[PDB]
Peer 1: 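The following entry shows erythromycin complexed with Repressor protein MphR(A).
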Amino acid sequence: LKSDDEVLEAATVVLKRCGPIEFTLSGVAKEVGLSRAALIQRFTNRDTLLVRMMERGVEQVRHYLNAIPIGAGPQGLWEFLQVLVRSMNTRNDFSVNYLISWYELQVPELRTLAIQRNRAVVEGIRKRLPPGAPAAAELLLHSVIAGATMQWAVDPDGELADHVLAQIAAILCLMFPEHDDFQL
Amino acid sequence: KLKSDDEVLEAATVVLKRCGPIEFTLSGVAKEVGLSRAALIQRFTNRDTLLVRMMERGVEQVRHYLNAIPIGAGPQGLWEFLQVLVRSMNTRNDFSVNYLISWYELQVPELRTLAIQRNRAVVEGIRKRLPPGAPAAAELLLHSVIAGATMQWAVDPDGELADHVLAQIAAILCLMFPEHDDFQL
Ligand SMILES: CC[C@H]1OC(=O)[C@H](C)[C@@H](O[C@H]2C[C@@](C)(OC)[C@@H](O)[C@H](C)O2)[C@H](C)[C@@H](O[C@@H]2O[C@H](C)C[C@H](N(C)C)[C@H]2O)[C@](C)(O)C[C@@H](C)C(=O)[C@H](C)[C@@H](O)[C@]1(C)O
Ligand SMILES: CC[C@H]1OC(=O)[C@H](C)[C@@H](O[C@H]2C[C@@](C)(OC)[C@@H](O)[C@H](C)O2)[C@H](C)[C@@H](O[C@@H]2O[C@H](C)C[C@H](N(C)C)[C@H]2O)[C@](C)(O)C[C@@H](C)C(=O)[C@H](C)[C@@H](O)[C@]1(C)O
Ligand SMILES: [Cl-]
Ligand SMILES: [Cl-]
């Protein structure tokens with residue numbers, strides 16, 4: 001496997017499967033089909049590879065959110081938030097995200113990228129707000145996604161998206177009380 | 001004389017908040033409470049059993065704390081309760097340890113049940129304080145705002161935790177209770 005991008009994607013697979021503590025160059029090397037020495041020549045060491053991977057994360061969030069088609073009014077916002085929430089993968093071990101997030105906060109380089117990642121998502125929501133959205137509505141919507149996601153991770157009932165989006169629908173009704181119900 | 005079980009578990013919880021659940025050891029708790037490692041083994045068997053007892057005490061403390069918050073009336077009484085609840089989270093030391101504690105709980109079924117009980121106690125505590133005319137499932141939305149806004153702050157801190165979270169709580173309460181005044185801290 002050749003490109004920096006192909007290698008960083010394979011390393012991301014490993015990070016999701018093992019978490020950041022058990023993450024190793026050897027495990028990336030075995031995933032991507034390259035020698036560990038090759039990873040070292042291209043990315044210097046474990047810590048530096050983690051940084052490049054998380055840089056690619058923030059890039060991919062921005063790349064992803066920026067091209068999602070924009071619909072009109074509260075209904076467009078609702079559509080966007082559905083796509084956003086459904087984008088989260090719960091198929092293997094969702095709890096690894098909380099270990100990832102914790103680990104990121106301990107390493108200044110990763111912490112800055114984590115901030116950029118959340119800022120990108122908040123700004124992505126902000127740009128989909130129709131006129132008449134309450135002030136700072138983007139912060140509230142991102143909080144509901146993160147908080148309801150946590151609720152479900154601890155105490156799961158049904159699919160993540162259904163738990164989160166029910167709450168999103170509820171807050172959208174409060175933000176746009178003259179709109180028709182938001183269909184989930 | 002013997003130190004109480006509550007004193008020992010308190011000391012252990014301080015250690016857990018300092019080192020996190022991966023680095024938590026009997027030796028650390030012993031150093032913290034002035035007791036021998038041997039004495040801790042006698043009373044609490046092992047490190048895993050000690051963590052279960054600490055987390056059982058945690059759920060008890062949550063329930064006791066929520067019961068102790070004065071009960072007001074109306075949307076104002078709910079806002080007052082929420083202010084106390086949010087301000088109850090200690091930010092004296094490294095708040096990010098809470099995310100590790102949460103992750104670890106999810107890995108250990110006995111601890112995960114207790115984390116579920118904790119969140120359920122807080123959700124139910126909010127629910128019992130909802131005035132009539134709060135929207136359906138408002139207690140879940142309010143808990144989500146606290147959790148989500150706290151995580152936003154823990155990743156990207158601007159000022160005090162409570163200030164960041166309560167600005168959003170005030171915002172949603174305005175939406176829930178449009179016929180009410182602005183909610184002031
Ligand atoms: C702690 C709990 C927090 O989770 C995380 O921070 C983990 C650690 C991220 O993965 C981190 C780390 C990592 C390696 O994925 C595990 C990386 O690939 C991503 C970009 O960021 C997640 C899952 C990201 O998902 C990514 O959302 C993109 C829009 C699409 C992408 N996917 C379709 C490709 C998906 O994975 C993303 C950006 O945070 C989702 C948005 C909705 C949020 O802001 C939500 C509210 C999160 O703050 C959160 C759930 O509260
Ligand atoms: C991950 C992020 C989550 O944090 C935790 O789960 C950590 C791990 C708990 O500590 C865990 C673990 C531990 C050891 O503390 C770190 C234990 O002592 C407490 C009870 O539970 C926190 C902090 C608890 O604080 C406690 O709130 C009580 C009302 C009063 C109590 N204390 C001041 C009287 C205070 O500690 C408590 C209950 O979760 C606060 C309520 C508001 C929540 O439900 C919020 C929304 C959380 O779910 C959260 C912030 O999203
Ligand atoms: Cl994902
Ligand atoms: Cl606390």
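Reminder, nothing fancy here: chain letters follow the sequence lines and each chain counts from 1. Counting starts at 1 for both ligands and their atoms, in listed order. As a basis for the values below, the full set of heavy atoms in this structure was taken, side chains included, without hydrogen atoms, waters or symmetry mates.
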Peer 1: Hey, where's erythromycin in this structure? All the copies, please.
Peer 2: ligands 1 and 2
Peer 1: What are the letters of the other chains with a heavy atom below 4.0 Å from erythromycin (ligand 2)?
Peer 2: A, B
Peer 1: Give, by chain and number, every residue with a heavy atom within 4.0 Å of erythromycin (ligand 2).
Peer 2: A/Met150, B/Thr13, B/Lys17, B/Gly58, B/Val62, B/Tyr65, B/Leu85, B/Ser88, B/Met89, B/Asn98, B/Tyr99, B/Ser102, B/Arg118, B/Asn119, B/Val122, B/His143, B/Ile146, B/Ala147, B/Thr150
Peer 1: Tell me: protein heavy atom nearest atom 44 (O) of erythromycin (ligand 2), and distance?
Peer 2: B/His143 NE2, 3.1 Å
Peer 1: Considering non-hydrogen atoms of the protein only, which is the closest contact for atom 39 (O) of erythromycin (ligand 2), and what is the distance?
Peer 2: B/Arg118 NE, 4.3 Å
Peer 1: How far is atom 2 (C) of erythromycin (ligand 2) from its nearest protein heavy atom, and which residue and atom name does that atom have?
Peer 2: B/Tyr99 CE2, 3.4 Å
Peer 1: State the atoms of erythromycin (ligand 2), each with its element, that fall below the 4.0 Å cut-off from a heavy-atom position in B/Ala147.
Peer 2: 46 (C), 51 (O)
Peer 1: Tell me: protein heavy atom nearest atom 42 (C) of erythromycin (ligand 2), and distance?
Peer 2: B/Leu85 CD1, 3.7 Å
Peer 1: Write out the residue and atom name of the closest protein heavy atom to atom 41 (C) of erythromycin (ligand 2), then the distance separating them to 0.1 Å.
Peer 2: B/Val122 CG2, 4.2 Å
Peer 1: Which protein non-hydrogen atom lies closest to atom 35 (C) of erythromycin (ligand 2), naming both residue and atom, and how far is it?
Peer 2: B/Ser88 O, 4.2 Å
Peer 1: Provide, to 0.1 Å, the distance between atom 18 (O) of erythromycin (ligand 2) and the closest protein heavy atom, together with that atom's residue and name.
Peer 2: B/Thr13 CG2, 4.1 Å
Peer 1: Around erythromycin (ligand 2), list the other ligands or ions under 4.0 Å away.
Peer 2: ligand 4 (chloride ion)
Peer 1: What's the shortest distance from atom 8 (C) of erythromycin (ligand 2) to any protein heavy atom, and which residue and atom give it?
Peer 2: B/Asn98 O, 3.8 Å
Peer 1: What is the listed source organism of chain B in the PDB?
Peer 2: Escherichia coli
